[PDB]
Amino acid sequence: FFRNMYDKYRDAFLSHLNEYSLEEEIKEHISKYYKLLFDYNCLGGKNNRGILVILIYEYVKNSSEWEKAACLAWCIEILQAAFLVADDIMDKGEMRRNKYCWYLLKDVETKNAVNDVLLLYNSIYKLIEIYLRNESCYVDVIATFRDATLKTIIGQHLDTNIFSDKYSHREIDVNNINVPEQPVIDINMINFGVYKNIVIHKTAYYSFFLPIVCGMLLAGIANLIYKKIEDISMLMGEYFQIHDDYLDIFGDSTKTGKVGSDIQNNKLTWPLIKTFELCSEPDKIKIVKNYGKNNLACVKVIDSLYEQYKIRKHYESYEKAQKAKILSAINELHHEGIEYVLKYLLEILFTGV
Amino acid sequence: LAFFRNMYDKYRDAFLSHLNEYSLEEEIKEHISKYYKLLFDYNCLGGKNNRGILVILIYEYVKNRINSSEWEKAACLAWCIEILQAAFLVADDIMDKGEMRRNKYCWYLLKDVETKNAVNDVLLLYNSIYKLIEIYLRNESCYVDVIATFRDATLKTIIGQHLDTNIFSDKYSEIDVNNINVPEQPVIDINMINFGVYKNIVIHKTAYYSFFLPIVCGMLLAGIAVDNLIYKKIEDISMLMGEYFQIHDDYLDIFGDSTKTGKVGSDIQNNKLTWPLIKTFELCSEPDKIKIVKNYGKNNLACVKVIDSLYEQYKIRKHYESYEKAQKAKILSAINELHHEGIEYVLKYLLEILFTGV
Ligand SMILES: O=P(O)(O)C(O)(Cn1ccnc1)P(=O)(O)O
Ligand SMILES: O=P(O)(O)C(O)(Cn1ccnc1)P(=O)(O)O
Ligand SMILES: C=C(C)CCOP(=O)(O)OP(=O)(O)O
Ligand SMILES: C=C(C)CCOP(=O)(O)OP(=O)(O)O
Ligand SMILES: [Mg+2]
Ligand SMILES: [Mg+2]
Ligand SMILES: [Mg+2]
Ligand SMILES: [Mg+2]
Ligand SMILES: [Mg+2]
Ligand SMILES: [Mg+2]
């Protein structure tokens, strides 16, 4: 039903903008643009986050109560949209959900895309106000979105700068606008400790913690269960991001809906760390020389090393062991309702529905 | 006001401290602190601080004097509007291909930053506000009213920034979801060159976050009830002031000195619907309208020189001076209708320091 409800939350927000003191023709233009900004970026995904709000709420506890839950559910889908528009600018994305990235469109470009990230982000809080301002969890829901957003921003910053020169005794150069940085990996950062730090922040909080907490706050949970949920969410985000990093190398872009770019974008990935952990000293030198380069021969070397050190096999073994670790933590929850949803989510996570 | 200048470090370090509580390795926490301290210092400092100072003054002149704990909450809100200014200017300079901001290179231009960090940093600066309002005002009765004013002021600014950026775009003069290879050739839309459309843009991109938001912050914190009719009068004065302030800005883009303004002029080449463009279109001959269509929105010296020459020809400097004189009077007349001596002094004073600061 949540999928039918989409139009309702979008049109509620578009109606808010239509109340602005603008000339009728200008209101018509802004409606056309923003309807597309929402449809294009909120639709086409698995909707795992939104569906998770709906299920957690149902299994913790009418149409009026569903109107509030589906609002929160669509707000996380709007947050996903905001983060993916910004991520694709940052990661020089080509494709998103089998459509061109929003920032690439000649009618949009980076100039609109930056402004649109802020619009999508701010639409959430207007929608929570419209549907939940008189709820007791209202300020607690507002704070959950803000804290999970702040954590994602830090994660995105680490993902984007972990190998940067400013981090590899000297300070950021405020006088350099002409000498580009040559991306090189920092071997001191190639460890799972650093990787887990990035991954819990850029994915776990907004993808797992935020939807579960939304459903729980709305259903009325005040409680030490929230720390257990936080810990499961971290295990789940790590598991989900490792699979994503796997797909960037071994996935099919027609199936994933996006084009792989981590080797050329100098990302600290799970396949990188796993390879560094297993490979020979000359192969470490090969990685340093060829990683972080938007050049076919360079990415081919890295890709060949991922085949050589059987990264596909190590991932399969990781997934098996991490799913067990997640299930073991879920069993310690002592809440049958939440446990069913989380066990179910774990099964559909990579496929959706 | 002295409390404001000196308490910057306090709000900056309170937010930095919040991030230092994250589950991160000690060396990674040290790197995040170094980066974010600079993102705040570089983009929150160097301005007139008119918005922040306005919160401080409105609060002071609404109340009957104020303890340090009350000042801590006012200066928080004041610095939060300076952080909002920082977020909006960082994004604005990406959109407008800015070169200089407050006599320093724009943040997005730095090789250690770039657009990839700048976009993420706009979101950080924006979200830092709400964390700071929570830390210092969560137990206040105006708490929900303050965060709602920030988000509505921001939503209105985003719409104006969109109109400022797309008013002359082909999609407005259906959006093509299949075109990522055929660039749009920037052209002015003569049907949009009117003050009606101009006021719609400037009221949204400037008046709400620059005038309405800081006055309402000081008023909500001082305890004026959200149902009070004075808030609509303030909204109307803020619109008059926002329009007045933006027109002066457009004036400075052509006639200002970049060492004094701290920024390099670009509205002609960036194809903006400005006050000098509308005033010239209103006064000029049909062949001069053709000259504008042919030479505006072109990053080319000869093309910009034509537009500059037309602004000298139609005495835009003189028409601006006549506008400023008439708009200042209209603002003062609306201020006199407030029936609040405290707010009236602050707004009269603001109107004097608006272009200089202090
Ligand atoms: O690999 P990323 O972190 O950029 C990604 O997973 C998106 N993302 C953004 C934040 N967390 C995850 P995507 O591979 O979809 O481009
Ligand atoms: O001319 P803009 O509106 O882009 C500007 O005034 C910034 N701005 C952005 C919104 N309102 C004002 P700036 O000339 O400082 O680059
Ligand atoms: C956050 C990660 C790891 C990848 C993007 O999220 P999803 O894979 O949930 O994207 P959609 O289903 O929303 O397309
Ligand atoms: C919003 C407009 C019109 C120009 C930028 O604002 P300011 O001129 O107040 O900028 P700073 O004082 O903050 O540099
Ligand atoms: Mg990314
Ligand atoms: Mg990406
Ligand atoms: Mg990925
Ligand atoms: Mg600008
Ligand atoms: Mg601008
Ligand atoms: Mg300007």
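Each chain gets a letter, A, B and so on, in the order the sequences are listed, and its residues count up from 1. Only heavy atoms go into these numbers, but all of them, side chains included; no hydrogens, no water, no symmetry mates. Start at 1 and go down the list; that is how both ligands and their atoms are numbered.
- At ligand 2, of the options mirogabalin, nabumetone, zoledronic acid, the drug present is zoledronic acid.
- Going by contact count, the macromolecule most engaged with zoledronic acid (ligand 2) is what the PDB entry calls Farnesyl pyrophosphate synthase.
- With heavy atoms closer than 4.0 Å, the chains neighbouring zoledronic acid (ligand 2) read B.
- Residues with a heavy atom within 4.0 Å of zoledronic acid (ligand 2): B/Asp92, B/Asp96, B/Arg101, B/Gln161, B/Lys205, B/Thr206, B/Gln246, B/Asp249, B/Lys263.
- Protein heavy atom in closest approach to atom 9 (C) of zoledronic acid (ligand 2): B/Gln161 NE2, 3.4 Å.
- Here the protein heavy atom with the shortest distance to atom 4 (O) of zoledronic acid (ligand 2) is B/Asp96 OD2, 2.6 Å.
- The closest protein non-hydrogen atom to atom 15 (O) of zoledronic acid (ligand 2) is B/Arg101 NH2, 2.5 Å.
- The shortest N or O to N or O distance between B/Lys263 and zoledronic acid (ligand 2) is under 3.5 Å.
- Among protein heavy atoms, the minimum distance from atom 1 (O) of zoledronic acid (ligand 2) is reached at B/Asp249 OD2, 3.1 Å.
- In this structure, atom 2 (P) of zoledronic acid (ligand 2) lies nearest to the protein heavy atom B/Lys205 NZ, 3.7 Å.
- Among protein heavy atoms, the minimum distance from atom 16 (O) of zoledronic acid (ligand 2) is reached at B/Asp92 OD2, 2.8 Å.
- According to the entry, no covalent attachment of zoledronic acid (ligand 2) to a chain is modeled.
- Proximity to B/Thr206 (heavy-atom distance under 4.0 Å) selects the following atoms of zoledronic acid (ligand 2): 11 (N), 12 (C).
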